[PDB]
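All residue numbers in this chain count up from 1 along the given sequence. Ligands are counted one by one from 1 in listed order, and the atoms in each one are counted from 1 as well.
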Amino acid sequence: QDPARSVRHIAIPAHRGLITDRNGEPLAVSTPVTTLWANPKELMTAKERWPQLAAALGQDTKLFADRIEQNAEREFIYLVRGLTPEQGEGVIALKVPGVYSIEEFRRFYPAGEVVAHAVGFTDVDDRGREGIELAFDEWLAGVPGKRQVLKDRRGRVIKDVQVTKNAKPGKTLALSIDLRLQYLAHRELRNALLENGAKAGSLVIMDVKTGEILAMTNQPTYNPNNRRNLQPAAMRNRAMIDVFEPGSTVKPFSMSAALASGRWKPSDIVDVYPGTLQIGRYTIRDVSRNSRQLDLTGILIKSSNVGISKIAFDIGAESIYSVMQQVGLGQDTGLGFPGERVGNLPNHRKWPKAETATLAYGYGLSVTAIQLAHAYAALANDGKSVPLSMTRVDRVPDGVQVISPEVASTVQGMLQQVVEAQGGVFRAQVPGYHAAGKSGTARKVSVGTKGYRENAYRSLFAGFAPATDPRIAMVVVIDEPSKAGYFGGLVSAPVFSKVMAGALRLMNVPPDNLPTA
Ligand SMILES: CCN1CCN(C(=O)N[C@@H](C(=O)N[C@H](C=O)[C@@H]2N[C@@H](C(=O)O)C(C)(C)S2)c2ccccc2)C(=O)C1=O
């Protein structure tokens, strides 16, 4: 019986889709590689050639021979996967009986570490396993072909009969990322980390009008063309996977809920004296504690937790929750990246006072940098939230009006004062332009359950520009800066400034800090 001849089929590997940036610059490119395999049965008839073959494969001669001897019953084994076709011709030129070639693909990432987290990485079988390569793996993968052959009883192909199914190439994908901005962000976030002795950071830039992520960088990063180091922490796309309490950066949302309530206008006053406010066993405290009456703008400039808490008590937590929820804090982004973290927005039927206050000033909720950026985008886009995209958006979908345009425009103006006013976040200023935003500084949560860390902080800045017709929103998060100056306004705001200055000019956005006509 057995099988004198035997009809078998083999997979024809499909070319993986090119990934570009939004201008067509290549970011992931399928590279023809040569994979060498062998038929041990056929090898058994040319043992005299093995030691030269082992040498060519950088293998110990005995270990190589042991490997073939032990796999002698098999008909297929890899010798080496993915060599350059030039390396592959070297071994093919030995002309060893039983040694054969297949054309595979392997990705090359021309921008390397600069866009590694966003673009991602493929596994040994050319499948996506992080970032866009994973999120769009079915678009990018195409469909393998099917080639029909005849094989003898000891595994040797006797002829190519025909292609029963043609391989179908995967399709091109243009990201929303602009590599010019991505490089600028990458460089300035790296510099800031190093300058501050920080442990990690993220920086997201978004188009407020289109929902597009124009830049997304994290430190530490890695070189996805280096398939050896296997360093899982440097591979974390922190902007999408590492949640944090946003702190004072959510106060503009609390204020939006205050203005929409009917009960508050920007010139109304809150008494924040003496810088603390006792709520049962918890004490709300401000960092700076030499104020009494502050107007709502001043509450933001001084970043008074006490002031925002008194407003929260007056309007109720439900209104604040609703704004936060509607702008996307702790909510699914829709981006469909496996392993993206949603974080958490807490909810109550009856909010207690402490939960009410801490929510209003940014504790007891966990967000991602992408969420935070999208929320600022909505605010900047006169209160309209356009769906987030990591792919280039040619036709913009309808956004959802999540904050009224009048309230969002009032809040814009207040954030411009936060940047421009005396005692504000002057380091976030963008020469030539009107910029707007909000600093934060949060103690990190302690890892052994419990409470909060004494000496360890996260520094934040979130903002947009130009104030008079916003185009770009940005979030800068730096984890555990190490110098005496650790506040968001010191550490993160100058990154915002430098990156907004370049980004606006790369986008040919006209300077708006002009005379009055
Ligand atoms: C829920 C308990 N729990 C947890 C942690 N926690 C907290 O980490 N507090 C920080 C805070 O108050 N941050 C505010 C908004 O971020 C203000 N804005 C900063 C900014 O603008 O950079 C600021 C000007 C430095 S103070 C803080 C404290 C100390 C130093 C710096 C910042 C609380 O307060 C708090 O009760």
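- This structure shows the drug at ligand 1 to be piperacillin (open form).
- Lab note: most contacts to piperacillin (open form, ligand 1) come from the chain UniProt lists as Peptidoglycan D,D-transpeptidase FtsI.
- In terms of polar-atom proximity, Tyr486 is not counted as a contact of piperacillin (open form, ligand 1), lacking any N or O under 3.5 Å from an N or O of the ligand.
- Annotation: atom 8 (O) of piperacillin (open form, ligand 1) to nearest protein heavy atom, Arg443 N, 3.0 Å.
- If you look at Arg285 next to piperacillin (open form, ligand 1), there are no close heavy atoms at all, none under 4.0 Å.
- The nearest protein atom to atom 24 (C) of piperacillin (open form, ligand 1), hydrogens excluded, is given as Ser303 CB, 4.3 Å; this is a heavy-atom distance.
- Regarding atom 11 (C) of piperacillin (open form, ligand 1), its nearest protein heavy-atom neighbour is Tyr363 OH, 3.2 Å.
- Residue-ligand proximity, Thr358 to piperacillin (open form, ligand 1), at heavy-atom distances under 4.0 Å covers atoms 1 (C).
- The distance from piperacillin (open form, ligand 1) to the heavy atoms of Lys438 drops below 4.0 Å at these ligand atoms: 21 (O).
- With respect to atom 20 (C) of piperacillin (open form, ligand 1), the closest heavy atom belonging to the protein is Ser439 OG, 3.4 Å.
- Protein heavy atom at the shortest distance from atom 1 (C) of piperacillin (open form, ligand 1) is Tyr282 OH, 3.6 Å.
- Below 4.0 Å from some heavy atom of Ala442 lie the following atoms of piperacillin (open form, ligand 1), by number and element: 8 (O).
- Taking atom 15 (C) of piperacillin (open form, ligand 1) as the reference point, the nearest protein heavy-atom neighbour is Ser248 OG, 1.1 Å.
- Residue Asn305 has at least one N or O atom closer than 3.5 Å to an N or O atom of piperacillin (open form, ligand 1).
- Nearest protein heavy-atom contact of atom 29 (C) of piperacillin (open form, ligand 1) is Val287 CG2, 3.8 Å.
- Heavy atoms only, to 1 Å: the UniProt active-site residue in chain A nearest to piperacillin (open form, ligand 1) comes out as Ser248, 1 Å.
- In this structure, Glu245 falls outside the shell of residues with a heavy atom less than 4.0 angstrom from piperacillin (open form, ligand 1).
- Atom 27 (C) of piperacillin (open form, ligand 1) has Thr441 O, 3.7 Å as its closest protein atom, hydrogens excluded (heavy atom only).
- Defined by non-hydrogen atoms within 4.0 Å, the binding site of piperacillin (open form, ligand 1) is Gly247, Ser248, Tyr282, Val287, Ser303, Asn305, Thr358, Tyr361, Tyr363, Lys438, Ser439, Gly440, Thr441, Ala442, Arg443, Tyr452, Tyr486, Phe487, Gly488.
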